[PDB]
Amino acid sequence: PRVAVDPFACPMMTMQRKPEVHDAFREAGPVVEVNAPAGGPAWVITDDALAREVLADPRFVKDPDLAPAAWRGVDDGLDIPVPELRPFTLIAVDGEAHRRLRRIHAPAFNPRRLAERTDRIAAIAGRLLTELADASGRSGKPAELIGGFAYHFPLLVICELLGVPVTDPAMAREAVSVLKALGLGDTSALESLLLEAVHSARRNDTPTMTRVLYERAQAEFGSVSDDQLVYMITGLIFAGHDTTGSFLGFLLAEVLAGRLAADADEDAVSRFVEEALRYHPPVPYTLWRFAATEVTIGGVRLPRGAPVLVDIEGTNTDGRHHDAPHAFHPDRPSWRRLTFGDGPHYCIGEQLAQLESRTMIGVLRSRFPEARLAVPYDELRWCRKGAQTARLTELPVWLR
Ligand code: HEM
Ligand SMILES: COc1cccc2c1C(=O)c1c(O)c3c(c(O)c1C2=O)C[C@@](O)(C(C)=O)C[C@@H]3O[C@H]1C[C@H](N)[C@H](O)[C@H](C)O1
C-alpha cells in the first residue's frame, strides 16, 4: 500500500491539530510506502506494537552508508559523520560499538548526580524569567518565551553540566549548530570552551558530566583524544537543547493556558508533563533506519536497503489506542508513547529533560503564579520543515 507523499509534509498547524498524512498513512495500513524526500521509496510504520518490534530488531540498522547514493549532501535528515568519527557517534552505530557508547554515556545521566544540580537548574530558570519580566516592565510589551527562554534555558543547563561556561546563549546556539552540521556531514570561541572543559576533566577528579564521559571513554577505547571527546560533548549539547527547547515551548503554552491545577502535587505535575510529551512530540519520526537484509514485516516484504521510519507523532495520536487523542488530558491513562524512541537507541538524555521540565514548572508556580498567555491559545501556531523539530512560531506571555 502506497501514499505518494512526503511524510515530512507540514503546513502551519494549530495547537490541537496534527498533519493529515498521519491519518492517510494509518488508514492505508501498518507499513506504508511513501516518497522519501531525497528520492526513491521509503516505508512508514504506523502501528505502535509493530514499531516497537522494528526498533528492537537487529536487522534495521542506522548505518548511513546504506542510504541511497543520491541522498548524500541532499537529504535534510541524513546523519553521516566521516567514517573515523562514526565510532564516537551514538546515532550512527549498532551492536557492540553502540553498547560501548551507551556504557560511556549512561553514568553521565545518573539520576542522583543530576538531582544534585536541581537548585542550580532552578536558579538558571529563575534568572532568565526575571529578566524577561523586568524587560516587560520596561517596555510595556509581552515577553516572547520561544526566543527568550525555550532554547536558552536547556542550553545553559547542559553547558553548565559539562563545565563549559557560556556567556551568550543565542550565539552559543548558532555556533553549536554549525559544528553539529559539520560533524554529521565563527565557531572558534565555542570550540575553545569545549576544549577547555575537556582539558579540565582530564586533569581534575571533579565528577562533572565531562569527567565521567572521559573516564569511561578512556577505559572502553584504551585511549581517547581531546578531539574525540570534544566531538562527543558537541553532540550532547545539540541533542540536549534543540529537542528540549522545542518541547518546552509546547509545555510552557499548556501550563500558561491554565490547564494545571494550582494545588498540583508532584504526581499531578508528572502526569501533566507526560501528557504534554504524548501530545506535542518534538520529533515526528524516528531517525532513518535501513534493512540490512531482506525482511518481511507486517505482511510487506521490504528490500535490502529499505529506508524505514516509525511514525512517532501519528502513533502518539492514534484513536484506536487513545481516547480522544487530539485532546489534552493529563489524567488519561498515563501510558505508551514513542516520543523518546524505543529499543537500544532510546533517548539517553530523557532524565535531564524530565528534571528540567519539572523544575521550570516549579519556578513558574512559585515565583510567577499569574503568568499567562498574551494571545489566545487558539491563535498559537507551530510548524516544522524537513527534519527539524516542531516548534511554535512565537509565545507571547505576561509573566506578572
Ligand atoms: C523533551 C526532550 C527530548 C526528546 C523529545 C528526545 C527525543 C529523542 C528520540 C526520539 C531519540 C531516538 C531517535 C531514534 O532512535 O530514531 C533520542 C535519542 C537520543 N537523545 Fe533525546 N530527546 C530529548 C532530550 C534529550 C536530551 C536533554 C539529551 C542530552 C542532553 C538527549 C540526547 C540524546 C541522545 C545522545 C540520543 C541518542 C541515543 C542513541 O542513539 O543510542 N536527548 N532522543
Ligand atoms: C557532532 O554531532 C554529534 C556527535 C556525536 C553524537 C551525536 C551528535 C549529534 O549531533 C546528535 C544530534 O544532533 C541529535 C541526536 C543525537 O543523538 C546526536 C548524537 O548522538 C538525537 C536526535 O536526533 C533526536 C532524534 O533526539 C536529535 C539530534 O539530531 C538532529 C539531527 C537529526 N537528523 C534530526 O534533524 C534531529 C531532530 O536533530
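Residue numbering for chain A follows the PDB entry, covering 6-190, 208-422 in order. Whatever order the structure lists them in is the order used to number ligands and atoms, beginning at 1.
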Query raised in the report: What does the PDB call the drug placed at ligand 2?
Result: daunorubicin
**Report entry** Bound partner of daunorubicin, most contacts, as in UniProt
**Finding:** Cytochrome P-450 monooxygenase DoxA
Query raised in the report: How far is atom 14 (C) of daunorubicin from its nearest protein heavy atom, and which residue and atom is that?
Result: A261 CB, 3.8 Å
Query raised in the report: What is the overlap between the heme-binding residues UniProt gives for chain A and the residues having a heavy atom closer than 4.0 Å to daunorubicin?
Result: none
Query raised in the report: Is the closest heavy-atom distance from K185 to daunorubicin below 4.0 Å?
Result: yes
Requested in this report: Provide, to 0.1 Å, the distance between atom 17 (O) of daunorubicin and the closest protein heavy atom, together with that atom's residue and name.
Outcome: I96 CG2, 3.2 Å
Query raised in the report: What's the shortest distance from atom 1 (C) of daunorubicin to any protein heavy atom, and which residue and atom give it?
Result: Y253 CE1, 3.6 Å
Query raised in the report: Which residue supplies the protein heavy atom nearest to atom 22 (C) of daunorubicin, what is that atom called, and how far is it?
Result: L309 CD1, 4.5 Å
Query raised in the report: Among all protein non-hydrogen atoms, which one is nearest to atom 3 (C) of daunorubicin, and what is the separation to 0.1 Å?
Result: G257 CA, 3.4 Å
Report task. Give the residue, atom name and distance (to 0.1 Å) of the protein heavy atom nearest atom 38 (O) of daunorubicin. Result -> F260 CE2, 4.1 Å
Query - Sub-4.0 Å atoms of daunorubicin with respect to non-hydrogen atoms of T94 - result: 5 (C), 6 (C)
Report task. Please list other ligands or ions within less than 4.0 Å of daunorubicin. Result -> ligand 1 (protoporphyrin IX containing FE)
Report task. Heavy-atom contacts with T411 under 4.0 Å: which atoms of daunorubicin show up? List them by number with element. Result -> 37 (C)
Query raised in the report: Is there a protein heavy atom less than 4.0 Å away from atom 10 (O) of daunorubicin?
Result: yes
Query raised in the report: What part of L189 sits under 4.0 Å from daunorubicin if we count only heavy atoms: the side chain, the backbone, both or neither?
Result: side chain
Query raised in the report: Identify the closest protein heavy atom to atom 26 (O) of daunorubicin: which residue and atom is it, and at what distance?
Result: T265 CG2, 3.6 Å
Query raised in the report: Which protein heavy atom lies closest to atom 35 (O) of daunorubicin, and at what distance to 0.1 Å?
Result: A409 O, 2.8 Å
Report task. List every atom of daunorubicin that sits less than 4.0 Å from any heavy atom of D84, numbering the atoms from 1 in the order shown and giving each element. Result -> 31 (C), 32 (C), 33 (N)
Query raised in the report: Taking heavy atoms and a cut-off of 4.0 Å, what residues surround daunorubicin?
Result: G82, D84, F93, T94, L95, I96, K185, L189, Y253, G257, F260, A261, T265, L309, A409, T411
